[PDB]
Visitor: 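One structure, pasted below without further comment.
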Amino acid sequence: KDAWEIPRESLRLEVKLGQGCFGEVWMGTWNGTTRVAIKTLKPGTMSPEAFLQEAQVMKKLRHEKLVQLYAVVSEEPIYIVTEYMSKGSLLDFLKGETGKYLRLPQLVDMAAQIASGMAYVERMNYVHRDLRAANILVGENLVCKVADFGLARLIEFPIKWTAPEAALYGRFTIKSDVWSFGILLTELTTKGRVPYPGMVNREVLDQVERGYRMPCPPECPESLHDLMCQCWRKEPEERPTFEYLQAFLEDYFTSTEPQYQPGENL
Ligand SMILES: COc1cc(Nc2c(C#N)cnc3cc(OCCCN4CCN(C)CC4)c(OC)cc23)c(Cl)cc1Cl
């Protein structure tokens, strides 16, 4: 065991946030001072080793725009402990009561933050492999953080968010994350709508390999849809870096859309 271990007794669960087929997620407190999120093991439901690989990844990654690992407890019951993101997933946020008030300036900034965290992922030679709005967490002041590193891996599957070469041939790279980032941009510009509306998984894969790409979202400026389409280039190496994405989105309203006016929804 390493320096991430803590004593269970210093963890107290309070408020339930969700369950799955491996355990649960609770709000809670740490050493009676610090608000945390705790992720639990339904003890015999899965191999605790592989249940903690999500923490092994989080130990190595540390960035302001990635959700921070706080501690692990490697003896049953088992926990992972992280900072607490007050507004939950970005997906829920966008669909929620606030989502409708968000306009393009806020959505591009959020996407800029996510790109910033992924740019870090990029230069660390990792791939996330599950980038999408459901796996971005939100705090106050519209802070967005990449989360859920379950499938994340040092570089050595829902087709809607996954690049083709990765879904078909298992070729996951930082460039298939770039693809997913392009899909995530349509989640932001639609306030959370599922991609490829009205298409089932098979139709998505068939159409995407046939060159089909989602059209420009209502009120989304074409320059932002260009960006999406660059993220969705057939050739992975011709997709932009997270470094380009971050800088492009940070400067967006001066360098690309200086004449932007708000409309009905964006
Ligand atoms: C601990 O370990 C892990 C925890 C997580 N997941 C979370 C992390 C992290 N990280 C941080 N913060 C979280 C906050 C949540 O909900 C906040 C309250 C919801 N409300 C919506 C309605 N409004 C009005 C009140 C707020 C939440 O809900 C499910 C999950 C969280 C992941 Cl993904 C992986 C690991 Cl290993």
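Using the PDB entry numbers, chain A covers 257-412, 424-533, in order. First listed ligand is number 1; within each ligand, the first listed atom is number 1. Values reported hereafter were calculated over all heavy atoms of this structure, with side chains retained and with hydrogens, waters and symmetry mates removed.
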Visitor: So what drug did they put at ligand 1?
Guide: bosutinib
Visitor: Write down the macromolecule with more contacts to bosutinib than any other chain, named per the PDB entry.
Guide: Proto-oncogene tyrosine-protein kinase Src
Visitor: I need the residues around bosutinib for a figure - heavy-atom cut-off 4.0 Å, please.
Guide: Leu273, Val281, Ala293, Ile294, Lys295, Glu310, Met314, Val323, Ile336, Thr338, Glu339, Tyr340, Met341, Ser342, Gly344, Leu393, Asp404
Visitor: Help me out: which residues of chain A, per UniProt ATP-binding annotation, have heavy atoms under 4.0 Å from bosutinib?
Guide: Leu273, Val281, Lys295
Visitor: Short N/O distance, under 3.5 Å, between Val323 and bosutinib?
Guide: no
Visitor: Please name the UniProt domain of chain A that makes most of the contacts with bosutinib.
Guide: Protein kinase
Visitor: So, out of the UniProt active-site residues in chain A, which one's nearest to bosutinib, and how far by heavy atoms (to 1 Å)?
Guide: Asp386, 9 Å
Visitor: So which protein heavy atom does atom 1 (C) of bosutinib come closest to, and at what separation?
Guide: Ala293 O, 3.0 Å
Visitor: Go through bosutinib atom by atom and flag the ones less than 4.0 Å from a non-hydrogen atom of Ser342.
Guide: 17 (C), 18 (C), 26 (C)
Visitor: Specify the protein heavy atom at minimum distance from atom 2 (O) of bosutinib: its residue, its atom name, and the distance to 0.1 Å.
Guide: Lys295 CB, 3.3 Å
Visitor: Closest non-hydrogen protein atom to atom 21 (C) of bosutinib, residue and atom name please, with distance?
Guide: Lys343 O, 4.1 Å
Visitor: In the protein, what heavy atom is nearest to atom 30 (C) of bosutinib, and what distance, to one decimal place, separates them?
Guide: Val281 CG1, 3.9 Å
Visitor: Considering only heavy atoms of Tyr340, which atoms of bosutinib have at least one such atom less than 4.0 Å away?
Guide: 12 (N), 14 (C), 17 (C), 18 (C)
Visitor: Identify the organism of origin of chain A according to the PDB entry.
Guide: Homo sapiens
Visitor: Around atom 14 (C) of bosutinib, find the nearest protein heavy atom and jot down its residue, atom name and distance.
Guide: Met341 O, 3.0 Å
Visitor: Around atom 27 (C) of bosutinib, find the nearest protein heavy atom and jot down its residue, atom name and distance.
Guide: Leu273 CD1, 3.6 Å
Visitor: What protein heavy atom sits nearest atom 10 (N) of bosutinib, and how far away is it?
Guide: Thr338 OG1, 3.1 Å
Visitor: Could you tell me whether atom 23 (N) of bosutinib has at least one protein heavy atom nearer than 4.0 Å?
Guide: no
Visitor: Which of the atoms in bosutinib, numbered in the order shown and given with their element, are less than 4.0 Å from a heavy-atom of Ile294?
Guide: 1 (C)
Visitor: Can you pull out the closest protein heavy atom to atom 31 (C) of bosutinib? Residue, atom name and distance to 0.1 Å, please.
Guide: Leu393 CD1, 3.9 Å
Visitor: Output yes when a protein non-hydrogen atom is found under 4.0 Å of atom 17 (C) of bosutinib, and no otherwise.
Guide: yes
